[PDB]
Student: 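Please take a look at this structure featuring VX-787.
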Amino acid sequence: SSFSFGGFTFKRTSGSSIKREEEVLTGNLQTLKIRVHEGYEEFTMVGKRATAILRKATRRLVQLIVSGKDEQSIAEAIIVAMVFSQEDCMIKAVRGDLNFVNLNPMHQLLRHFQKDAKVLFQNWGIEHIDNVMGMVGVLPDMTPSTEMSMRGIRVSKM
Ligand SMILES: O=C(O)[C@H]1[C@H]2CC[C@H](CC2)[C@@H]1Nc1nc(-c2c[nH]c3ncc(F)cc23)ncc1F
């Protein structure tokens, strides 16, 4: 039950989901039809330069604990996780001139945020983090922080 998305192998740990073909509205008010997965699932993301534990619900990321080679490798894994979550704020982060989508829309969403994750990370939201050791918060500019992180995202040492 393993699959590939954005260079990462995905394996389901726990949970289940059914698919619903659904219409979503971008920040540019454009209609995309995506195959939404309903239900709470846990995944391990395995890539060549990053690994992650992804806890998600229907169109909502619950938690992402990401480990990797450096900031860039980790950012790549966070981008895939946020696109994979199917969250409204990731879809609403598709905005502005030429930013349009033409055939799988999930792969288009990824290409878009791979080019520039600034609006995605900044529009995702930030939260206060209870102190933990060996786990750190990460800001939308990919700066480590003990005080705050992007909603549900934690960075763990390799
Ligand atoms: O739905 C699809 O067409 C594809 C493309 C876009 C992301 C996955 C990899 C390619 C997706 N394929 C698969 N997704 C899933 C899957 C389970 N939970 C999910 N939550 C969000 C999501 F997005 C995909 C999934 N399971 C098996 C798959 F095989």
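By the PDB entry numbering, chain A shows 21-122, 128-183, in order. Determination method: X-ray crystallography, 2.5 Å. Whatever order the structure lists them in is the order used to number ligands and atoms, beginning at 1. All values below come from the heavy atoms of this structure, side chains included, with hydrogens, waters and symmetry mates left out.
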Student: Point out every copy of VX-787 in the model.
Tutor: ligand 1
Student: What's the chief binding partner of VX-787 (ligand 1) here? Just the name from the PDB entry is fine.
Tutor: Polymerase basic protein 2
Student: Okay, heavy atoms under 4.0 Å: who's in the binding site of VX-787 (ligand 1)?
Tutor: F23, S24, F25, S37, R55, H57, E61, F63, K76, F104, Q106, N129, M131, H132
Student: With respect to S24, determine whether any N or O atom, backbone or side chain, lies less than 3.5 Å from an N or O atom of VX-787 (ligand 1).
Tutor: no
Student: Need the VX-787 (ligand 1) atom indices (1-based, order shown) with element for anything under 4.0 Å from a heavy-atom of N129.
Tutor: 3 (O), 5 (C), 6 (C)
Student: Write out the residue and atom name of the closest protein heavy atom to atom 16 (C) of VX-787 (ligand 1), then the distance separating them to 0.1 Å.
Tutor: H57 CE1, 3.4 Å
Student: I'd like to know the organism the PDB gives for chain A, please.
Tutor: Influenza A virus
Student: What residue and atom, counting heavy atoms only, is the protein's closest point to atom 21 (C) of VX-787 (ligand 1), and at what distance?
Tutor: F104 O, 3.2 Å
Student: Return a table of N or O atom pairs, VX-787 (ligand 1) on one side and protein on the other, at distances under 3.5 Å, rounded to 0.1 Å.
Tutor:
| unit_1 | atom_1 | unit_2 | atom_2 | d |
| --- | --- | --- | --- | --- |
| VX-787 (ligand 1) | 3 (O) | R55 | NH2 | 2.8 |
| VX-787 (ligand 1) | 18 (N) | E61 | OE1 | 2.7 |
| VX-787 (ligand 1) | 20 (N) | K76 | NZ | 3.0 |

